[PDB]
Amino acid sequence: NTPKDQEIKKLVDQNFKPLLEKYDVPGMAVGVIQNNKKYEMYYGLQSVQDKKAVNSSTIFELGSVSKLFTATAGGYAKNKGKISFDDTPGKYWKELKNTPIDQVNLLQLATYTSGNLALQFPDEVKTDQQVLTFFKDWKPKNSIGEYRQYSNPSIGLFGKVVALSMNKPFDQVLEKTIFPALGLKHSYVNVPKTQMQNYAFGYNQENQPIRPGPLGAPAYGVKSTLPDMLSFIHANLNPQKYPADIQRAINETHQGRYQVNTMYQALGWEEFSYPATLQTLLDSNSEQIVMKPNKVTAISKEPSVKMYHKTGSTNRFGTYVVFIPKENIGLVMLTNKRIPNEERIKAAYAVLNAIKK
Ligand SMILES: *C(=O)[C@@H]([C@@H]1NC(C(=O)O)=C(S[C@@H]2CN[C@H](C(=O)Nc3cccc(C(=O)O)c3)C2)[C@@H]1C)[C@@H](C)O
């Protein structure tokens, strides 16, 4: 293998491989893209009971990293004139017209600032009918637009509206329009039966395989392979190489919309001035930032040099993605067991700080 192949292999063995034994993770896939060259590393088992090893065809649940595709879909619809970010959801979901949630605009939904949407729906909201009822019954609390609270319902409503604006269901927005535009071959909202042998099992804290809520797809419902996620990073590092409609979509997800301490909220992606200190990257996943409302501040001028990342999990999968435009580099980690977000962020910080230019 090439000297770079061996260097990156050593850095990933040094920084990511020990995490498998440390947290009893059955399988992991780690990818690096640098200067348009992709490097794939696979460890362990996609399914413990089948002794099937993780490989380039293994499909992982991306969990909350799915929001990056919802963001891209929204950027796509906005730049085709199908929505404006100043629109409100009742323009598209007519049953929300003349309700209080129709006072929140689409950008505020996409970036979690409605002022009264928590991490998850209430436990009793279990069906699509009940989701619509929930949004009709919704009342504001904190001043609309002023407080960020990370929220699956919030970006789920944004995704539902994006789909309505494109006259197709959300799963078709991704599987027929967005994934093909990005060149992805094995990314899914619904994994077909022909791929089930490649669909990894996820493992809980007792290392047992389990296998969603309503309106979940835009918030946490995408599945993908390591080669597809490296392709997605390639698109984010080189949007100018893609046709205009998806190029504009991608660029839209890189624009910071407001600031919370050292973090800038873009669409889906979290944005930081580059270089970001390790503490800044860790702070973005603190309990205060992730679970509580935080007052936003308007951006004076966007940082001159930027980097981006996103964590995400399900109860049984973990994901991390990060990229640095100036260095033409990015990294993806997929696991079929959760590990602490700080471990994912620290390991990727070590690798990207050590790789030779
Ligand atoms: C991300 O979008 C995804 C969450 N991310 C993470 C993570 O650690 O990266 C977790 S971890 C853990 C698993 N389930 C918990 C959860 O969802 N908490 C929660 C908070 C408030 C209400 C409820 C509820 O009523 O169900 C649950 C956190 C998690 C997978 C989720 C938000 O989709």
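The chain is numbered in sequence order, starting from 1. Computed from heavy atoms alone, side chains included, the values below leave out hydrogens, waters and symmetry copies. Remember, it's 1-based here, ligands and their atoms both numbered in the order they're listed. According to its header, the structure was obtained by X-ray crystallography, 1.6 Å.
- At ligand 1 one finds the drug ertapenem (bound form).
- Lab note: main contact partner of ertapenem (bound form, ligand 1) (name per the PDB entry) = Beta-lactamase.
- There is no protein heavy atom less than 4.0 angstrom from atom 28 (C) of ertapenem (bound form, ligand 1).
- Every atom of ertapenem (bound form, ligand 1) with a heavy atom of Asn315 under 4.0 Å away is listed here by number and element: 13 (C), 14 (N).
- The proximity of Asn285 to ertapenem (bound form, ligand 1), defined as any non-hydrogen pair under 4.0 Å, does not occur for either the backbone or the side chain.
- If you check each of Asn152, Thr314, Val290 against atom 33 (O) of ertapenem (bound form, ligand 1), the one with the closest non-hydrogen atom is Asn152.
- Not close to ertapenem (bound form, ligand 1): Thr311, with no non-hydrogen atom less than 4.0 angstrom away.
- Polar contact check, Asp123 against ertapenem (bound form, ligand 1): a nitrogen or oxygen pair lies under 3.5 Å apart.
- The structure places a covalent bond from ertapenem (bound form, ligand 1) onto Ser64 OG.
- Interface of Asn341 with ertapenem (bound form, ligand 1), defined as ligand atoms under 4.0 Å from a residue heavy atom, comprises 7 (C), 8 (O), 9 (O).
- The distance from ertapenem (bound form, ligand 1) to the heavy atoms of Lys67 drops below 4.0 Å at these ligand atoms: 2 (O).
- Protein heavy atom closest to atom 5 (N) of ertapenem (bound form, ligand 1), with residue, atom name and distance, is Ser64 OG, 3.6 Å.
- What sits closest to atom 20 (C) of ertapenem (bound form, ligand 1) on the protein, heavy atoms only, is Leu119 CD2, 3.4 Å.
- For atom 15 (C) of ertapenem (bound form, ligand 1), the nearest protein heavy atom is 4.0 Å or more away.
- Residues of other chains with a heavy atom under 4.0 Å from ertapenem (bound form, ligand 1): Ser64, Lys67, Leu119, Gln120, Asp123, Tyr150, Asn152, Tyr220, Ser313, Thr314, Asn315, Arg338, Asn341.
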Anything under 3.5 Å between an N or O on ertapenem (bound form, ligand 1) and a protein N or O? List each pair with its distance, or write none.
residue	atom	partner	partner atom	Å
ertapenem (bound form, ligand 1)	2 (O)	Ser64	OG	1.7
ertapenem (bound form, ligand 1)	2 (O)	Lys67	NZ	3.1
ertapenem (bound form, ligand 1)	8 (O)	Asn341	ND2	3.4
ertapenem (bound form, ligand 1)	9 (O)	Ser313	OG	3.1
ertapenem (bound form, ligand 1)	9 (O)	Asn341	ND2	3.1
ertapenem (bound form, ligand 1)	14 (N)	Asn315	OD1	3.2
ertapenem (bound form, ligand 1)	17 (O)	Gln120	NE2	3.0
ertapenem (bound form, ligand 1)	25 (O)	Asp123	OD1	3.1
ertapenem (bound form, ligand 1)	33 (O)	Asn152	ND2	2.8

